[PDB]
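Below is 4-4-20 (IG*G2A=kappa=) FAB fragment with fluorescein bound.
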Amino acid sequence: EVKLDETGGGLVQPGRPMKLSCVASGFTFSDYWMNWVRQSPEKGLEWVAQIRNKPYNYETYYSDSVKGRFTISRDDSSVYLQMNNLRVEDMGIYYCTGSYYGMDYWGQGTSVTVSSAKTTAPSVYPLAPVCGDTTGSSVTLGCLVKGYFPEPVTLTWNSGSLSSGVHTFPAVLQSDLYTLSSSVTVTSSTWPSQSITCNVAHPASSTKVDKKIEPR
Amino acid sequence: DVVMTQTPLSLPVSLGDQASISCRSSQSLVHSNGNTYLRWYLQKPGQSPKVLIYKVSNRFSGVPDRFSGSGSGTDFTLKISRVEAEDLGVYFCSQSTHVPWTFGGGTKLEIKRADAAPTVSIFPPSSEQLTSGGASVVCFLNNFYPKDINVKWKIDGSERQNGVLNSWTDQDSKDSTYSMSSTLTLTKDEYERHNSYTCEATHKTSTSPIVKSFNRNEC
Ligand SMILES: O=C(O)c1ccccc1-c1c2ccc(=O)cc-2oc2cc(O)ccc12
């Protein structure tokens, strides 16, 4: 019944700071060491900072990389991390951990996005099979969602009726803006005999686009 | 900075199989106090790491008995006796004997299946995009196994680095295959100065590259 629930994440323009709050809710906060760990876009788990207790004279430890910019603190209940001078390299998921006699409890995590970019609507393009040539039994169609910001787009195929044979690739940050793509594999019976439409939403810029895949 | 090296990085298994993962420390994990602070974590997708094992061989409350940890000094082993679906993820070892606390790179547990070559599709820029002064050439490499694959962009037979965006799916639930997206972005000017555009994929499934190409003039 140990509970950690961090808060305080979002976008941050580099050079600028942010303050992360974790309220440890189901133990003797005083007896535990508190920590800040982050996970980078890849396979990179990173220990950031540590705040000990009374017995250990509330010592504080920090990873090389945040030393002089972040401050862990406790409210004997809660722990805070003041992130100052935010660079891009500090972008990742941030988790709060409660440590005690070898064991460790982790919260949910909070995402911290560091980017200069502002809200930008995506450009959606239809990807039809090759410059009027060779394709079609079973044809593969695609949809390209280029340069949007921030974080969340939704892509559907035929308003979500067509679910099988579709692949949706995770968005990747191409120098300050995201790009997403999706493929759908149908049969030559189906296309272009039928209608194949890519449906895209970018709530943050209020966009809702519907793009039909037409033989190129 | 104690180095936690984790082996292997990927471990294909079948459900019901036994799996073992190793971890090595650079320095001894033995604390003056006598404790060995080595932990094992499992991270299922979309969730945070949960500890399975702490202080080498203590299984946390509520963790199935199919998980066990062993080792001493700088050699540690994690053991799953009967792999179940809910066991698939990424396993990390971590030491907390020395500051800073440190972690190993991860070991992914994934389903084993027969090798399958990628189905490659190439897509010239859409009219809508050229109209904007950009030209994105896309290549999908779908349903292949194992995951390891290399993709090369060639323009008029010369290799192109710069402007390539790659994206990968996660092991498919249905068939256990991986998919990948490679997009090369050029200016419309560039796209109009060259003719031959090729996507070449190197995969264990074949000795020679898998090539997919188009000629702009023939568009
Ligand atoms: O292991 C302890 O004696 C201990 C007890 C309560 C709180 C913290 C620790 C603790 C450590 C105490 C002293 C020390 O020198 C090293 C400690 O390392 C720890 C590592 C943990 O993962 C988790 C906890 C510790």
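Chains: lettered A, B, ... by order of sequence lines. The numbering of chain A matches the PDB entry: 1-76, 79-218, in order. By the PDB entry numbering, chain B shows 1-219, in order. In each ligand, atom 1 is the first atom listed, and ligand 1 is the first ligand listed.
Other chains, heavy atom under 4.0 Å from fluorescein: A, B. According to the deposit, the organism of chain A is Mus musculus. Residue contacts with fluorescein: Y54(B) is excluded, as none of its non-hydrogen atoms falls under 4.0 Å. In this structure, of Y37(B), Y56(A), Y32(A), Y102(A), the residue bringing a heavy atom nearest to atom 19 (C) of fluorescein is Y37(B). If you check which protein heavy atom lies closest to atom 10 (C) of fluorescein, you get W33(A) CH2, 3.9 Å. This PDB entry labels chain B with the name 4-4-20 (IG*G2A=kappa=) FAB fragment.
Not one N or O of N35(B) is nearer than 3.5 Å to an N or O of fluorescein, by distance alone. Within fluorescein, the atoms closer than 4.0 Å to a non-hydrogen atom of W101(B) are 20 (C), 21 (C), 22 (O), numbered from 1 in the order shown. Distances below 4.0 Å separate heavy atoms of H31(B) from the following atoms of fluorescein: 14 (C), 15 (O), 16 (C). With distances taken over non-hydrogen atoms, the option nearest atom 20 (C) of fluorescein out of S101(A), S96(B), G34(B) is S96(B). Protein heavy atom closest to atom 5 (C) of fluorescein, with residue, atom name and distance, is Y103(A) N, 3.4 Å.
Put simply, part of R39(B) is less than 4.0 Å from fluorescein, judged by heavy atoms. Remark: minimum distance from atom 23 (C) of fluorescein to any protein heavy atom is reached at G104(A) N, 3.4 Å. In this structure, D31(A) has a heavy atom closer than 4.0 Å to fluorescein. The contact residues of fluorescein, taking heavy atoms under 4.0 Å, are given as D31(A), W33(A), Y56(A), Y102(A), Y103(A), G104(A), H31(B), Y37(B), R39(B), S96(B), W101(B).
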Measure and list all N/O to N/O distances between fluorescein and the protein that fall under 3.5 angstrom.
residue     : atom   : partner : partner atom : Å
fluorescein : 1 (O)  : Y37(B)  : OH           : 2.5
fluorescein : 15 (O) : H31(B)  : NE2          : 2.8
fluorescein : 22 (O) : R39(B)  : NH1          : 3.0
fluorescein : 22 (O) : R39(B)  : NH2          : 3.4
fluorescein : 22 (O) : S96(B)  : OG           : 2.9

